[PDB]
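Taking it in order: structure first as structure tokens, then the write-up.
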Amino acid sequence: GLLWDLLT
Amino acid sequence: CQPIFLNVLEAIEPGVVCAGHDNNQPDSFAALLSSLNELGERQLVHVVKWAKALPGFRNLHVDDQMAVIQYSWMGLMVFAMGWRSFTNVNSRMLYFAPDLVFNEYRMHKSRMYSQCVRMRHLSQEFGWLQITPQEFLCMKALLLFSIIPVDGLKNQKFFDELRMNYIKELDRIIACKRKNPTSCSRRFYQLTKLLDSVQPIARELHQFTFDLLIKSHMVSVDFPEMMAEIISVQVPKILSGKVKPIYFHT
Ligand SMILES: C[C@]12CCC(=O)C[C@@H]1CC[C@@H]1[C@@H]2CC[C@]2(C)[C@@H](O)CC[C@@H]12
């Protein structure tokens, strides 16, 4: 998700 | 001796975030909640950038880094909103953002008046307890590590260590100008009670947003991508009791 991308 | 930990928390504290709400239009449930949702999406971006810069956060398994953010965002954001409301308008209104300030009329129009008054009460506590900016920063950081799953995190041990260290830092902040162990104990009692008070509020909001997401299409409320994913996947784990807050008191 966009959150995962944001986190990584 | 420089306060390294506190220096870091102050340095990474997010700046002002606006909701993009049109305050020239008459208030409406759909517009108000759509703006709150957009503000949530915008703040989530800042919370992730902030969390990743917290001392020791990277020690957590990446899957756990994700989890803690997904479960604690509501509490984190409500706590910060309460602080803004206190500092900016002395709790007279809920300061969600410079362009999204809730007066009683908006609290009613939002259909979450009960939750709003509880958040206003939280805001008032910052003043009644004379919470310092530094106590606020440490407590907010601790809120990121205050809700975990029953099946445990990928590496529960690293999380437990990090949480313990943040509690330790809160102790240090309390003992700063306090040379009396009893005064420190009384302050710790006050702050842990305040921290605990955030959870029931966050739960009520979790329930409200979940219900709103389920019927969003018929009430014309828009949910941004990340918010919709988190509220449909992570929030229900909290509501179904699979993920629970860590309360200091019982
Ligand atoms: C976290 C936010 C937005 C950021 C903030 O300042 C606190 C506030 C608390 C109420 C939340 C809102 C985001 C959108 C939600 C979750 C709505 O769907 C219903 C409750 C709202």
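In what follows, chains are A, B, ... by sequence order, proteins preceding strands, each numbered from 1. Looking at the header, which is where the method is noted, we find X-ray crystallography, 1.6 Å. Every number for a ligand or one of its atoms is a count from 1 in the order of the listing. As a basis for the values below, the full set of heavy atoms in this structure was taken, side chains included, without hydrogen atoms, waters or symmetry mates.
By contact count, the main macromolecule holding ligand 1 here is known in the PDB entry as Androgen receptor. According to the PDB, the drug located at ligand 1 is dihydrotestosterone. At a heavy-atom cut-off of 4.0 Å, other chains contacting dihydrotestosterone (ligand 1): B.
The binding site of dihydrotestosterone (ligand 1) (heavy atoms under 4.0 Å) is made of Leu33(B), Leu36(B), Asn37(B), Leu39(B), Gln43(B), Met74(B), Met77(B), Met81(B), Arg84(B), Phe96(B), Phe208(B), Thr209(B), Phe223(B), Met227(B). Residue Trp73(B) has no nitrogen or oxygen atom sitting less than 3.5 Å from a nitrogen or oxygen atom of dihydrotestosterone (ligand 1), judged on distance alone. Within dihydrotestosterone (ligand 1), the atoms closer than 4.0 Å to a non-hydrogen atom of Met74(B) are 16 (C), numbered from 1 in the order shown. Taking a cut-off of under 4.0 Å to the non-hydrogen atoms of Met81(B), the atoms of dihydrotestosterone (ligand 1) that pass are 6 (O).
The contact set between dihydrotestosterone (ligand 1) and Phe208(B), taken as ligand atoms under 4.0 Å from a residue heavy atom, comprises 19 (C). Heavy-atom contacts of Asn37(B) reach the following atoms of dihydrotestosterone (ligand 1): 14 (C), 15 (C), 17 (C), 18 (O) (cutoff under 4.0 Å).
Within chain B, the UniProt domain with the largest share of residues touching dihydrotestosterone (ligand 1) is NR LBD. According to UniProt's 17beta-hydroxy-5alpha-androstan-3-one-binding annotation of chain B, the residues with a heavy atom under 4.0 Å from dihydrotestosterone (ligand 1) are as follows: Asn37(B), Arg84(B), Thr209(B).
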